[PDB]
Colleague: 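Below is a deposited model of GTPase KRas, N-terminally processed with MRTX1133 as ligand.
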Amino acid sequence: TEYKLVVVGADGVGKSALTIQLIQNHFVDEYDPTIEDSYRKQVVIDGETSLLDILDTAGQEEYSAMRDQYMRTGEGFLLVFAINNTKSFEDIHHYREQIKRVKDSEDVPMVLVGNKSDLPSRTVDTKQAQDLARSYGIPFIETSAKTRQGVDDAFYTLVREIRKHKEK
Ligand SMILES: C#Cc1c(F)ccc2cc(O)cc(-c3ncc4c(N5C[C@H]6CC[C@@H](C5)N6)nc(OC[C@@]56CCCN5C[C@H](F)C6)nc4c3F)c12
Ligand SMILES: Nc1nc2c(ncn2[C@@H]2O[C@H](COP(=O)(O)OP(=O)(O)O)[C@@H](O)[C@H]2O)c(=O)[nH]1
Ligand SMILES: [Mg+2]
């Protein structure tokens, strides 16, 4: 099965670092902050061979019709913030609403991802993120793209959310 996964959130939260951890199994310090691109990873998840096509979003904020239609083809979304950046957490509502807007649905597979969990300079409490994810009805996964903590869990959980959505 193929899955179109989309990684969204504010600049600097670690979308590209998370993506490259999944694709290449290491931490890329410098990934061009402006570049939006996609990558495939083939993996077996709960016994099913899965082709994950991951869109790592970036670039200028714009809402062209092409862009709405492209985002609408995403099947599941990682809502990424960084635990050291409160503005990135406050921006999660916006990304969730843009997904709901283009998919014309209140029920889109999503996972809330609190990245940079290796850093000591926390300004977003785990409880804040758990409360937000509970209010959205979605899982919350703590990650570090630096150490790889939680990375497979975030992507595989999103795949499991898509499978559950298909059966509703
Ligand atoms: C993603 C996505 C996205 C979706 F998931 C779903 C559907 C979408 C349909 C669209 O047509 C288009 C998008 C889409 N594309 C790019 C965005 C973006 N950029 C600028 C920077 C920060 C990330 C990256 C890309 N580089 N930024 C903000 O918002 C930033 C803030 C801060 C300044 C003002 N805005 C409004 C809020 F306050 C938050 N939204 C964006 C957005 F919705 C969509
Ligand atoms: N310590 C730490 N740094 C991170 C982590 N994820 C990303 N970074 C760093 O944060 C910056 C922004 O990461 P990037 O992947 O470009 O974020 P993007 O703009 O969301 O694609 C870079 O300096 C990364 O090396 C993480 O989990 N831990
Ligand atoms: Mg990036």
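Heads up, chain A uses the PDB entry numbers, so what you see runs 1, 3-169. Keep in mind that the numbers below use all heavy atoms, side chains included, and drop hydrogens, waters and symmetry copies. Every number for a ligand or one of its atoms is a count from 1 in the order of the listing.
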Colleague: Help me out: which ligand numbers or chain letters belong to MRTX1133?
Modeller: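 For MRTX1133, that's ligand 1.
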Colleague: In the entry's source annotation, what organism is given for chain A?
Modeller: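 The PDB entry says Homo sapiens.
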Colleague: N/O of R68 under 3.5 Å from N/O of MRTX1133 (ligand 1), yes or no?
Modeller: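 Looking only at distances, the answer is yes, because the N/O contact criterion of under 3.5 Å is met.
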Colleague: For MRTX1133 (ligand 1) and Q61, I'd like to know whether there is a polar contact (N/O to N/O, distance under 3.5 Å).
Modeller: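 In this structure, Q61 places no N or O atom under 3.5 Å from an N or O of MRTX1133 (ligand 1).
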Colleague: Atom 31 (C) of MRTX1133 (ligand 1): which protein heavy atom is closest, and how many Å away?
Modeller: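 Sorting protein heavy atoms by distance from atom 31 (C) of MRTX1133 (ligand 1) puts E62 OE1, 3.5 Å first.
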Colleague: If you have a sec, work out which protein heavy atom is nearest atom 8 (C) of MRTX1133 (ligand 1) and how many Å separate them, to one decimal?
Modeller: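 The closest heavy atom on the protein side is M72 CG, 3.6 Å.
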Colleague: Atoms of MRTX1133 (ligand 1) less than 4.0 Å from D69 heavy atoms?
Modeller: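 Contacts of MRTX1133 (ligand 1) toward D69, numbered from 1: 9 (C), 10 (C), 11 (O).
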Colleague: Do any nitrogen or oxygen atoms of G60 lie less than 3.5 angstrom from nitrogen or oxygen atoms of MRTX1133 (ligand 1)?
Modeller: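 Such a contact does occur with MRTX1133 (ligand 1).
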Colleague: Looking at atom 2 (C) of MRTX1133 (ligand 1), what's its closest protein heavy atom, distance included?
Modeller: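 The closest heavy atom on the protein side is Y96 CD2, 3.8 Å.
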Colleague: Can you find an N or O of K88 that's nearer than 3.5 Å to an N or O of MRTX1133 (ligand 1)?
Modeller: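 In this structure, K88 places no N or O atom under 3.5 Å from an N or O of MRTX1133 (ligand 1).
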Colleague: Nearest to atom 41 (C) of MRTX1133 (ligand 1), what protein heavy atom do you find, and at what distance?
Modeller: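 The closest heavy atom on the protein side is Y64 OH, 3.7 Å.
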Colleague: Which atoms from MRTX1133 (ligand 1) have a heavy atom of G10 less than 4.0 Å away?
Modeller: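 In order of numbering, the contacting atoms are 23 (C).
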Colleague: Indicate the covalent partner of MRTX1133 (ligand 1) (residue plus atom), or none if absent.
Modeller: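 The model shows no covalent bond.
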Colleague: Can you pull out the closest protein heavy atom to atom 39 (C) of MRTX1133 (ligand 1)? Residue, atom name and distance to 0.1 Å, please.
Modeller: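 The closest one turns out to be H95 CD2, 3.8 Å.
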Colleague: Of the protein's non-hydrogen atoms, which lies at the shortest distance from atom 22 (C) of MRTX1133 (ligand 1), and what is that distance?
Modeller: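 Result for atom 22 (C) of MRTX1133 (ligand 1): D12 OD1, 3.3 Å.
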Colleague: Considering only non-hydrogen protein atoms, determine which one is nearest to atom 4 (C) of MRTX1133 (ligand 1) and report residue, atom name and distance to 0.1 Å.
Modeller: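 The closest one turns out to be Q99 CB, 3.9 Å.
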